[PDB]
Amino acid sequence: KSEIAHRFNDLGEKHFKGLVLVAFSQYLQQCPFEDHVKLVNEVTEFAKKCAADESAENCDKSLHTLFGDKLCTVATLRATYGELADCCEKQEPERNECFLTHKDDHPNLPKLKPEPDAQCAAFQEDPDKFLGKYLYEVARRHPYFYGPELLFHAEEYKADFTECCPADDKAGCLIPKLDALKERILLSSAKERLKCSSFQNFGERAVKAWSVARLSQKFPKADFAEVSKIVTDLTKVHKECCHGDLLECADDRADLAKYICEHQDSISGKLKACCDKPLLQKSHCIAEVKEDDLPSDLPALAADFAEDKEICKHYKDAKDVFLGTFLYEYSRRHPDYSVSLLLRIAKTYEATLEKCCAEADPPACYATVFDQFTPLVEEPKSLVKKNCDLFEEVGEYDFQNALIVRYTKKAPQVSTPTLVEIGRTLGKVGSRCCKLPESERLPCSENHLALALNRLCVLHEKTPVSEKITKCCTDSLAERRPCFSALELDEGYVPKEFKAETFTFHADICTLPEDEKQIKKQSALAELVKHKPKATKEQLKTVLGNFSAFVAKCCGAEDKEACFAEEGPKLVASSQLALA
Ligand SMILES: O=C(O)Cc1ccccc1Nc1c(Cl)cccc1Cl
Ligand SMILES: O=C(O)Cc1ccccc1Nc1c(Cl)cccc1Cl
């Protein structure tokens, strides 16, 4: 009868309101908080009426119809969102699609800087309004953020203020917590956004393949039936969440967690800790669970995948099940491979069968199929080792610098703030991944790389500037990283005209916290490359060293600006001689 009543009944009022606030903030990213609150309360009032009498008027409409109808009542819709008032002319599902298109991946809203006294005050004042605020602020900023996980993060955010606002050192307790939390949020947003990008750009089959490979590594004791089931269900959850159907998404998510925990003994022994937990923590723990130990009864794969004489008939009869089975088997025994690598191995298996089966004696041809995986494996392994050796030698900041230069050369048309952001993110990947046990570094690195590359691709959809990026971003999901790695200096690139101001620092840099100081220097680095694209990485490092020395000296001077004004312009000119 009434979907809205059904979801209201299933989720309860608290989770329902939270999810509806999230969905509205993601769809209308510029509205003030107070106004979204009103819309939520009205939707929720309706849901309560409907739960009382489902026969009642309009109780029978779709969620998207009801929710889209609300969004369309917003005051100043045409002033604030010029592009969205046309959407309101349309019916479902055409209206939702239109809303989905308008979501803004880089709204560029002010940075959320933890102010512990002003926030503790607001929290003590009204914790409900304060937590609502956190849902709204994050959601607007990350419009494909995994809705139910955001509620989870609100619990953490609430726990942080609960523990820290009474403390002796309130800023000392709190600032490191909110910083860790923000890192976790950024990572989670990027993961989810890759899933939504994958549905958008490559389709559900790609998402399923990704998930089969990843879940098989996580749950290598599970049989293919159980993996298939989980994948099918998990794919439907994320498809709903990526489509804006957050209530349906959350409900289906809760059903999957329930299933997983009832079957935990045949899925993974690491799930025991997760299943002993309240609802949102449970789902979160499942989503993040570590990989189980390999069972001792993993089957040898040659017999079915390389030696069987009827492989060409099985491949032809049920490609999807046969290849899926291959992917499940190979992935469960390879937690030391990245997901994308496993997908490349699966595509190579597929292509080898295609080739061998259109041939005189196929079996003598596909006998050696596993041997074709070797180079796919060895190349990223040596890339990771080389990158991690560099990180360990130079540290995060200089590793970031190296990546900035690398990516600026590959795509000098991209805006400096984007290049800096991706290079900085890539350096953080190094900090995360390079210190792991050595068998974990390839999957950690490549998997996280995929998140950063996807960010760049998402931004480029919004603001296209390079055909080379478009091609890497759209050709093949599993080949994206290798495609980016293979990019070299864009040789058709005309060096950006020199503007001395870009390289000209002033005493204002001296008051910045370290990370913002680095960003300024990294921005100037990216600009050096744009103006001198053939400068070598070693020249660039020297010049950047000369700039950092100059900044540090002038920042410690008696008269900071006189220092910057005297010495700056010499450095700016001589630095150009030191490049290309
Ligand atoms: O960057 C590349 O193209 C090489 C490569 C290949 C596979 C996986 C990772 C990396 N690079 C890499 C690594 Cl291994 C760690 C931190 C940051 C980066 Cl960019
Ligand atoms: O990109 C690399 O291969 C690392 C590399 C090696 C030698 C010299 C410089 C660099 N990278 C690099 C750059 Cl390009 C700028 C500033 C600081 C560093 Cl460590």
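Note that the numbering runs from 1 along the sequence shown for the chain. Just the heavy atoms: all of them, side chains too, but no hydrogens, waters or symmetry mates, feed the values below. Read the numbers this way: they start at 1 and go in the same order the structure lists the ligands and their atoms.
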How do the PDB entries name the drug found at ligand 1? diclofenac
List the chief contact partner of diclofenac (ligand 1) in this entry, with the name from the PDB entry. Serum albumin
Where diclofenac (ligand 1) meets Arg406 - atom numbers and elements under 4.0 angstrom, heavy-atom basis: 1 (O), 2 (C)
Would you check whether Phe399 reaches within less than 4.0 Å of diclofenac (ligand 1), judged by its heavy atoms? yes
Could you check the entry and tell me where chain A comes from? Equus caballus
Which neighbouring ligands or ions fall closer than 4.0 Å to diclofenac (ligand 1)? none
Atoms of diclofenac (ligand 1) less than 4.0 Å from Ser485 heavy atoms? 2 (C), 3 (O)
Closer than 4.0 Å to some heavy atom of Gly430 - which atoms of diclofenac (ligand 1) meet that? 16 (C)
Using heavy atoms and a threshold below 4.0 Å, how should the contact between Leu403 and diclofenac (ligand 1) be classified: side chain, backbone, both, or neither? side chain
Just wondering, which residues come within 4.0 Å of diclofenac (ligand 1) on a heavy-atom basis? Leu383, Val384, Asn387, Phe399, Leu403, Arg406, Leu426, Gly430, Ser445, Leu449, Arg481, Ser485
